Chemist: 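Lab note: structure loaded, ligand of interest is L-captopril.
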Amino acid sequence: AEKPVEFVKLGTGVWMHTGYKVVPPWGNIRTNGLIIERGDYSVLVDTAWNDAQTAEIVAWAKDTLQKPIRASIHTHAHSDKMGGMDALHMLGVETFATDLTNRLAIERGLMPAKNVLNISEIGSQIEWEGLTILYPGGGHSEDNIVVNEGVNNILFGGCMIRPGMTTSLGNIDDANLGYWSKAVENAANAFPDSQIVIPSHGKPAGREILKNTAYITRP
Amino acid sequence: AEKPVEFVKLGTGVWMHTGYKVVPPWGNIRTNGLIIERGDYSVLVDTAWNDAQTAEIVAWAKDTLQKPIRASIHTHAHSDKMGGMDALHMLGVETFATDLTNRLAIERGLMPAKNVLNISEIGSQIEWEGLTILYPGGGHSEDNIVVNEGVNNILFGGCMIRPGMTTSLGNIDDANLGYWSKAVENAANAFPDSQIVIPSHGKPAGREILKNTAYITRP
Amino acid sequence: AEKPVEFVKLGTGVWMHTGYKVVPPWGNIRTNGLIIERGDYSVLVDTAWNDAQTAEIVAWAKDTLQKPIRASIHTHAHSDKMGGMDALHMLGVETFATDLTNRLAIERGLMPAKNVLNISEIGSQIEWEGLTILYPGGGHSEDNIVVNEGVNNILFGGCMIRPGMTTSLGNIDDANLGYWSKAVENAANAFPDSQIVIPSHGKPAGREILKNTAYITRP
Ligand SMILES: C[C@H](CS)C(=O)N1CCC[C@H]1C(=O)O
Ligand SMILES: C[C@H](CS)C(=O)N1CCC[C@H]1C(=O)O
Ligand SMILES: C[C@H](CS)C(=O)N1CCC[C@H]1C(=O)O
Ligand SMILES: [Cl-]
Ligand SMILES: [Cl-]
Ligand SMILES: [Cl-]
Ligand SMILES: [Cl-]
Ligand SMILES: [Cl-]
Ligand SMILES: [Cl-]
Ligand SMILES: [Cl-]
Ligand SMILES: [Cl-]
Ligand SMILES: [Cl-]
Ligand SMILES: [Cl-]
Ligand code: NA
Ligand code: NA
Ligand code: NA
Ligand code: NA
Ligand code: NA
Ligand code: NA
Ligand SMILES: [Zn+2]
Ligand SMILES: [Zn+2]
Ligand SMILES: [Zn+2]
Ligand SMILES: [Zn+2]
Ligand SMILES: [Zn+2]
Ligand SMILES: [Zn+2]
């Protein structure tokens, strides 16, 4: 049985959303994203697994925060991050991703974002709705980006950061195994003040999961 | 003189919209689409002939149903189904069509939908806002799709289904004359429980207009 | 120091917005666009220089006119006219430009409009939200369009019309120097009743700045 959606506060105006999917043979697996408050609206980092979970997140921001989701960013073209795009579009959310993420999404039967983030070179950063978005180079995926929230100093690593003290790498079918550890180092060096690090597939932690991920994926 | 727009109830939460256009030499000709209620919003099947008629439909859902139109689907790339796209986009409606419909629309000076429905193979179906959307193969047009509403068992055949007991085929300049009768059979077999069948260019009827259309367009 | 945004009434339901940018070595330079009231909403001609200025314009229409901006048109692919596209998209404004303007925008790192205006041949006109949009041919830029408001007879010339009695042409790096004066003549002949003419980079004036622009850019 699929576990229900969860919301947890990470800092002032910053919330984690978590949805679950049963993936045989191992069963329920979480994916995490963020809701970030922006005055009288909010912005979203990643969908959950599907439209229904994602619609529940939009409703929660509207009805609990009283700060409806205006716009969203997507941290790579897999179904845990873009599985609920149709729900975002029907609910009036303005969606953003890199051109490479959009192209990969279309190829895979995912829906692309409506707007392009112009960050394609390794190390490129842009400011978006008070967040710093960084392309650290290919790692978990060639298109993975990370998102830093500088008020609370929360770094969203998404699926590029592995959970806990695992030594498993997750699904690596389209990973950049050669560059992933450098990409982690690039993110860690870009955002040195962030002591809260969020992976997609585990619990919120500290910078030890940057160090551990870089070690377990290093050549 | 162009006859005005009309709304008629077909079943619980399902409404037909009808707009008219004077087309010489024969004069006024109707086109039909649907409004389908979805909780506290509604969804739209097809525009009417133009922006003004389509804006009237959007206003009617907002002000009479108190269920504003959130999203729409378009059943092929002709001006009776996509003539009012600009009005939908300006009124905040999130529009959906197949990739082939969008490509044909652009070619013809029509505006494409914002989102792609991923149904391109003959017989492919998807669920969309509680509706079943089917691509039955080429018939009236290569891109024609049909839409089934399973609560009331209403099958929207659009222009692929001819009205009444006519033997005329309408404009066949880009019809698939070889496959059209099979496409009708495919729709009839896919939705056997639907005893209400809606053509674009005639009155609501029963399954006899599926049988008649398949006969008059058969090789 | 960058001067703040300004709003001035030009006629019934027609407002000019003006934003400033410090461009060394000459300093602050204005750019002008329009807000045009449309019943219980408004439409926008051009962004200002950036997202922040453009968001201020959207808020002004919402809170002062009580006629929120529903849609916008963009008169060529430079940053004074499309520098605030991301703000328009996040604020729910439905954006329009020609296909050529969108293609040039993407090339230049600007964000394209969501919808295409189908005017690509010299002299083509379309009606859009009660306005007449004309492509007069290449002048300041190959893609420049002009916008006429026929109730007050206000012609928005954008950057194709130079300010005042200047003899400077502005930045001409991608101008059509051969056709620009004819393009001005084309606009003047298309909208003979407009005695208010708005350039992007100077004060509102009369038809003397059409005549002066045509003279100073003539072969
Ligand atoms: C569909 C996701 C995209 S990152 C995936 O590949 N999974 C599912 C959860 C983690 C990882 C895995 O295979 O271990
Ligand atoms: C413009 C429409 C698109 S199905 C059309 O071709 N018409 C107009 C109404 C019916 C049919 C015909 O020519 O008979
Ligand atoms: C960025 C704008 C686009 S029309 C520009 O080229 N400018 C800046 C203001 C006028 C003109 C100039 O160089 O003089
Ligand atoms: Cl779902
Ligand atoms: Cl995936
Ligand atoms: Cl963990
Ligand atoms: Cl119209
Ligand atoms: Cl047509
Ligand atoms: Cl869009
Ligand atoms: Cl009939
Ligand atoms: Cl800005
Ligand atoms: Cl520019
Ligand atoms: Cl001046
Ligand atoms: Na989805
Ligand atoms: Na900080
Ligand atoms: Na239209
Ligand atoms: Na049923
Ligand atoms: Na901008
Ligand atoms: Na007039
Ligand atoms: Zn992934
Ligand atoms: Zn993942
Ligand atoms: Zn048709
Ligand atoms: Zn038709
Ligand atoms: Zn310019
Ligand atoms: Zn300019």
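Numbered from 1 within each chain, the chains take letters A, B, ... in sequence-line order. Whatever order the structure lists them in is the order used to number ligands and atoms, beginning at 1. What you see below is based on every heavy atom in this structure, not just the backbone, and it leaves out hydrogens, waters and symmetry mates. Structure method, as recorded: X-ray crystallography, 1.6 Å.
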Chemist: Across the whole structure, where does one find L-captopril?
Modeler: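 Every copy is at ligands 1, 2 and 3.
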Chemist: Help me out: which chain holds the greatest share of contacts with L-captopril (ligand 2), per the PDB entry?
Modeler: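 It is bound most extensively to Beta-lactamase.
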Chemist: Which chain letters have at least one heavy atom nearer than 4.0 Å to any atom of L-captopril (ligand 2)?
Modeler: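 Those reaching under 4.0 Å with a heavy atom: B.
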Chemist: Any idea which residues from other chains are within 4.0 Å of L-captopril (ligand 2), non-hydrogen atoms only?
Modeler: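 With heavy atoms under 4.0 Å, it is B:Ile29, B:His76, B:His78, B:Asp80, B:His140, B:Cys159, B:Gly170, B:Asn171, B:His201.
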Chemist: For atom 5 (C) of L-captopril (ligand 2), what is the nearest protein heavy atom, given as residue, atom name and distance?
Modeler: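 Checking every protein heavy atom, the shortest distance to atom 5 (C) of L-captopril (ligand 2) gives B:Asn171 CB, 4.4 Å.
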Chemist: Would you list any other ligands or ions less than 4.0 Å from L-captopril (ligand 2) for me?
Modeler: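 Other ligands or ions: ligand 22 (zinc ion), ligand 23 (zinc ion).
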Chemist: Do me a favour and list the nearest non-hydrogen protein atom to atom 14 (O) of L-captopril (ligand 2) with residue, atom name and distance?
Modeler: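 Ranked first by proximity to atom 14 (O) of L-captopril (ligand 2) is B:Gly170 CA, 3.5 Å.
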Chemist: What are the atoms of L-captopril (ligand 2), with element, lying closer than 4.0 Å to any heavy atom of B:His78?
Modeler: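 Checking each atom against B:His78, I get 3 (C), 4 (S).
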Chemist: Of all the non-hydrogen atoms in the protein, which one sits nearest to atom 7 (N) of L-captopril (ligand 2), and at what distance?
Modeler: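 Checking every protein heavy atom, the shortest distance to atom 7 (N) of L-captopril (ligand 2) gives B:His201 NE2, 4.5 Å.
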Chemist: Could you check atom 1 (C) of L-captopril (ligand 2) against the protein and tell me its nearest heavy-atom contact, residue, atom and distance included?
Modeler: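 Checking every protein heavy atom, the shortest distance to atom 1 (C) of L-captopril (ligand 2) gives B:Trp49 CZ3, 4.1 Å.
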Chemist: Check the entry and name the source organism of chain B.
Modeler: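 According to the entry, Hirschia baltica (strain ATCC 49814 / DSM 5838 / IFAM 1418).
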